[PDB]
Structure formats: C-alpha cells, structure tokens
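Caption: fadrozole together with Cytochrome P450 11B2, mitochondrial, bound form.
To find a chain's letter, count down the sequence lines: the first is A, the second B. Numbering of chain A is taken from the PDB entry, so the residues present carry the numbers 1421-1504, in order. Shown for chain B, in order and in the PDB entry numbering: 1160-1246. Numbering of chain C is taken from the PDB entry, so the residues present carry the numbers 66-170, 1035-1083, 1086-1503, in order. Remember, it's 1-based here, ligands and their atoms both numbered in the order they're listed. For this deposited structure, the header notes the method as X-ray crystallography, 2.9 Å. Only this structure's heavy atoms are used, side chains among them; waters, hydrogens and symmetry mates stay out. A fraction of the deposited model is presented, and contact counting is confined to that fraction.
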Amino acid sequence: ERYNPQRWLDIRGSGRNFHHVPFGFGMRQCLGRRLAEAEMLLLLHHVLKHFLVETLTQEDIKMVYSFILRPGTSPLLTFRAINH
Amino acid sequence: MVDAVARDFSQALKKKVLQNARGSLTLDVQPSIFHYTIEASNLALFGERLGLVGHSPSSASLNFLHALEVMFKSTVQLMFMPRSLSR
Amino acid sequence: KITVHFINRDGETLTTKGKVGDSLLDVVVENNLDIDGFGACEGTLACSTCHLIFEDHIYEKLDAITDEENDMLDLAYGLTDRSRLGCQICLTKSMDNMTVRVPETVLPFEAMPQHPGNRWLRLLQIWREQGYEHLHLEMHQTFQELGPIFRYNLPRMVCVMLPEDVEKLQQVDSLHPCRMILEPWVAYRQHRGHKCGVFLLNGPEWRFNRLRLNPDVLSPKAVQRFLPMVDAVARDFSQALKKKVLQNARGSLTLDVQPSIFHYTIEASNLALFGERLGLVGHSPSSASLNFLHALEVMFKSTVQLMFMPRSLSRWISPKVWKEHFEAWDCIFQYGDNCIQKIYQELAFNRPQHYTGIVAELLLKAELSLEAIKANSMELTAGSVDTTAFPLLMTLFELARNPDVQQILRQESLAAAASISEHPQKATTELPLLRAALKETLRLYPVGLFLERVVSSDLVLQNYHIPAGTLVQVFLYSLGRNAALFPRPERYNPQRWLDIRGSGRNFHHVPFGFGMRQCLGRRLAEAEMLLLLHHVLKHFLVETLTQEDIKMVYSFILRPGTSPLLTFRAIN
Ligand code: HEM
Ligand code: HEM
Ligand SMILES: N#Cc1ccc([C@H]2CCCc3cncn32)cc1
Ligand code: FES
C-alpha cells in the first residue's frame, strides 16, 4: 500500500517478468496503451513544473467496480502556483 | 498534439489560480480532467479541436459522459445473465 | 506622563495618569476606573461607550473628526458640541491636567395605544397568502393613526419610530444586548449539529464571538486591508459594462441591472472574505450562483410563514414550509461550507505573509473554535448579498430619477478619481457626498426594517412605563419619512446629512443598528456600494423614464418588487 514509483526501476533491475500488466499482454493488449500514457504523462508533467498539489483528505479512497474499477470519492485538491 | 492540450490545461489553471489572493485554487478536478481526455483524444484521433479545455463543458460533452456512466452501470446488470433471462 | 481628571456620571472627579501617545481608552482600562460600561468594543469603533466631553480649549486643537468617528458619535447618547470618542484620542503634551467628562442622559404601560389587529387573524392571513408583503404599509398607517408609539396585543411588545426613543434604547443596552431569537433559523442549526453565529446568539457566547470578529471585519484597520480588493471588483464591473456599452451604436446599454449587481456583491463579498476570485463579474452567472440566490429568496419567504407561529403550531400546520425552509438552508450551507473547506485546506499548508481576506485572519488567529468560525463565516457569506444589493439598486434608481444629484456626485468622483486610483483607501475620506447618498437610500428604502431589543430593565419612552423583558421595535420605514425631522421626506437630497452633522441631532442614521450589536458588515457593505457607484459615475450617465415610485415588498427584509430599466450612457 506504499506509493513508491522507484520500485519499478528496481524491478527492472533484478529482471522480474509480468509485473506491470494493466493493459494486457500479447496482441489483444490495449490498443490505446500509448495514447493513454501520452495524455497522462504530459498533463502531469506540465502541472508539476507550474503547480504544487496538496490535500488534507489523505484517507484512502473507496473504489467502486462498475465494469471498470473507479473511485467513488473525488478528493479536494489544491493547486498552488510556484513563482521563483 | 497532446502536448498542446496539456499545455493549454496548465495555462488555463494558472490564469485562474493567479487571480486568487493566495495563488491557489482548490477544487474537485474530476470534471476538468475528464474534459481534458475528451479533448486530447478527439484531437489525436480526428485532428479536431473541440475547445473543452479552459472553457465550460458543452451539452454534448456532459451527455456523452453520462451515457458512458449509464452504459457501464447497465452492463453489470446484464453481463451475469444470459439474454434468455435478462430479456 | 500626564494627569487627566475624569468627571463621572455620579459627579465625582477621578484623577489618574497616562503616558503621552496613549488613547484615553487606554487610560481608563489600564487604571480600572469606575466608569461603568466604558470601552465595550476594546477600540474598534464599534460602540459609543467611550464618549467623552472635552474642554473648549482642548477640543479645538484636536485632530479633525473622521467620518468613521462621526457616524459612531451619531449613535452616542447625550451628544455635545464638544464630544469625541476616547478610543480615537491619543494623549498629548498639552493635556496635562485636562478635565474630560462623561455624559449622564408617566403613564403605566397599559395606557398606551393598542394595535386593533388580532394575532391569530394575521397568523392565518399568512397561512394562505404565503407571506405578508404589505406589512410595512400597515405599520406606517398605524403610526399615522395611533401616534409615534403603540403596543401590539400578544407578552409585551411596543413599536416606536423616533430618534428620541432610539437614544434611550441604547442607554439601556446591557453588557449582553438581547435581540429576539429567530427559531426557524436556529432550529436548522440545532438539527445539523451546527453552532449558531453572531446573528442568532445572545449572552456571553454572543459577546465572546463578537469581540473576536470586530477586529477583522469592522475595524478601520481591517477595512483598509480589504478596500483595495473591492476596488478591483468595482473597476472590473465598470470596464465590463463599458465594453458592451461601447459596442452599441449610441454608446448606451439599457437593461435590468438587478442580476449584474447581485453578482457583483457575491464577488466582492467572496473576495473580501475568502480571498477567492469567483469570476462572476463580467461573465455569465454560474449554476452555483443562481441556486444560491434562489435559496436565499426561498429562505426569506419561508421565514415569514414560520416566524409568527410557535413551532408547536407550524409543526403540523405548514410542515411543508419546514421542508422548504431547511432545503433552502441546505443549499446555502453547501455553498458556504465549500468556500471554507477550500480555505482551511489552503491555510493548513501555508500561512501567507500578506492579506488574503477576512476569514483567513480569523482562522490564523485561531481565537475561535473552527465550528464557531464556520458559523460566522456562514452568516457573513449569506448576509452579504441581498442586504447589500437592494440598497445599491435603489441608489442607481434615485440617481436616474434625480439628475441634479447625479451630476454633483459625479463631479466629486471625477475630482477624487486620480486620488483614489492611486490609493483606494481614500474613498472613505474623499467621497463624503456619496456616503450621504447611501444614508438617503437606506432612509427611504431600509432593507433592514426593524431594530429589536429585549430590554434588561424598566425604562420609559414617550412617557409610557416600559417594564423589563419587553420587546421594543424601531420601524425604520416610518422613521425615515417623518417630515418633522426630515423636511420634505420623499425628496431625495443627500446634502441633508451634512446639514445634520453640524448640529448635535442624534440617532438619525440608524439602519445598521446601534451598540455593539450594530451590523458587523456595516463597513463592508459601505465599501462594496461606494466604489461600484464611484466607478460608475466617472464613466457613465444613468437615466430612466420609469420615474414612478417603486412598490416595495416585505419578505423579512424590505426589498423592491419592481426592478427599473436603467440606461448607462458612456461619457467621452
Ligand atoms: C489506463 C488506461 C487503460 C487501461 C488500464 C486499459 C486496459 C485495457 C485492457 C486490460 C485491455 C484488455 C487486454 C487484453 O485483453 O489482453 C484493453 C483492451 C483495449 N483497450 Fe484499453 N485500457 C486503457 C486505455 C484505453 C484507451 C485510451 C483506449 C482507446 C483510445 C483503449 C482501447 C482499448 C481497445 C480497443 C482494446 C481492445 C484490444 C484488443 O481486443 O485487441 N484502452 N484495455
Ligand atoms: C445595507 C446593508 C445592511 C444593512 C442595512 C444591515 C442591517 C443590519 C441590522 C439592522 C442589524 C441588527 C442591528 C441590531 O440588532 O442592533 C444587522 C446585524 C447584522 N448584520 Fe447586517 N446589514 C447590512 C449588511 C450586512 C452585511 C453585508 C453583512 C455581512 C457581510 C451583515 C451581517 C450582519 C450580522 C452578522 C449581524 C449581526 C450583528 C450582531 O448580532 O451583533 N449585514 N444588520
Ligand atoms: N445566517 C444568516 C444571515 C443571512 C442574511 C442576513 C441578512 C438578511 C436578514 C436581515 C439582515 C440584517 N443584516 C443582514 N441581514 C442575516 C443573517
Ligand atoms: S470603545 Fe471607543 S468606540 Fe468602541
């Protein structure tokens, strides 16, 4: 339950197979795989170089399965601009 | 093309952030994010700029999102039944 | 150090000393002198209990009186041609052995004129008409038949209408002034686990809250902190109007401005309070904006349907109105709670080094429980819309009706324009005639209709003994139209308040109240109103052909039922 992205560069080290599979495998693996990555990566990139993101609601978010797994809570997030 | 949408998203957010005394904007961002993906998607796919980022949602935008929610919802009610029953 | 002699009400000369540069409020509280009730609001010009009368040779060489002090002195009993407010007077070298001095100041109750009407007939009238929009006209007719004083057969309750009576009523102002309690609103607070705010509090909880609010909501120091922010909203309002005006062939835009004004006050309020810019001025209304305004209308409406009944009756007669009432409050508290969960989260992660609004201070100071900041933050977010915007319409309207007065308020504004554009704070001081025009609108159209006080001791007004525990009500409508104090009362003449200020006539301008329960938004309202009209006069001409009088409705507050069609012609 610890959020630690570095673990995926350490998993790349000691070669371990099939650890990152949310898009699938084989040739029925998600066709939007790299379009999703594109949309997500750049938005967050452009948000990090201008804003600080904070929140008081650090309880876990209850998630609901309604075909896809999604959050039932949407948290109240602050975007504080950086100026230096 | 996605870069342009994500840039326009942050510059839109920054404009409004910087109008507030504390240089901050706290909000529920789920709506603005969903409209980002509709814009980045529709541009990458059809080359069209819908003008949903930075501006207000449109009628077509919110009807589309609702229909998705209903479709997922109504799917779990019919997936586990054969259509012989759900009929 | 300097010696100063104080003549008390009992006649005795107290002598003590203070240091130069000290306020004589400091001299009184730092020596525990026995001047009962002196300095109630701890030096934030929110009471007139530091009133002191000076010697002619000392008073003459004191600083000029500010409008903020003069408006306070106008609500001070026993006013004199040599009286000042101790909180605003710092001791100086020449006041050694000064002598200041503090002021001093029948048929039975049942022999007073009675209101013919019957509590229950009226109660049932409201049951069906769902309101009593005409009540202010009933009471005017009453005073014009029974005289300047009558009682209502109910408990005891007397309705008055003269400055004489308001002056006495403030002398009786206790340490815990008691306004009567609105159960429909409090029932809502009890039902949701919420704390009542200042508007609905009495006793020590009231005094506790108020003394931790006046500093950042009412002090001239706080007014100077948020006045520049209101300037930005009023500027953005005129430049927005001018853009659209100048697109039309004849450099004009005629419209119903009531919507745009209401959205101005929501913006100026939410910015002054929560430092947030909502972007409602210049752009279209939002869903949250119009839902908030409707819920206010419904809440006022449903209040008059439940105020005159005890809860014992309205429980089963109009339970639907209770559902209607709470769902209004439900929408209101949703709007307000989110402005505060917005800022509580912000402030948690960084305390700013500059001014970020009124509530930011209160939260930072943390002299109140958050549940008590939440409750006052609500009262302020909800009280700062209808009460501020209706007076602001009627002012525009009367300036369109009185072209003479307009062109004089314009000269004043243009004259002071550059002075104010450089430092907005100066609007307080550089626009005296405009501020007199706000007294003229609230005289004729007082959105606050009554001042109410449960007295704490036997007093007497207009020679009718008034026993303790009695409700007294100041009907400001009939007050403002008494030709005896206001020559030609229906005439709109802002200069009249300058005439009045020379002579020691008292309690003439009382729509915000008196004492320490006078309106906490008093100087925020005045800020929002003054600058909008200032910025509108230096760019636009305001005209209208609908110069009939506007019929006004009673829905807990006194508001217009007509909104007039006003023209804004740009000047070039
Ligand atoms: C985080 C984002 C996404 C996740 C986690 C995800 C997940 C998946 C998964 C698990 C599959 C099935 C893999 C399999 O059966 O082997 C799949 C298939 C598919 N996804 Fe996604 N997907 C995402 C985004 C997208 C996007 C953005 C699109 C379209 C632009 C998309 C369109 C598709 C399609 C068309 C298939 C069918 C592939 C096939 O049957 O060959 N997905 N996705
Ligand atoms: C023209 C505008 C306004 C008028 C005529 C007005 C009138 C009044 C009156 C007559 C009272 C009661 C005075 C008394 O009982 O002695 C009052 C109290 C109050 N008003 Fe207003 N008001 C105005 C604007 C505002 C605004 C803008 C706010 C908030 C931002 C506000 C918030 C309050 C509060 C919190 C109280 C309770 C004061 C207490 O109980 O100590 N009012 N107002
Ligand atoms: N909560 C609350 C609350 C909302 C609005 C008001 C407004 C309307 C009620 C009469 C009045 C006098 N001064 C301000 N107000 C007062 C309190
Ligand atoms: S104490 Fe001086 S005015 Fe309130």
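For fadrozole, the full set of ligands or chains is ligand 3.
Other chains, heavy atom under 4.0 Å from fadrozole: C. Other-chain residues and nucleotides with a heavy atom under 4.0 Å from fadrozole are C:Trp1116, C:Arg1120, C:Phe1130, C:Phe1231, C:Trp1260, C:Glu1310, C:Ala1313, C:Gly1314, C:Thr1318, C:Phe1487, C:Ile1488.
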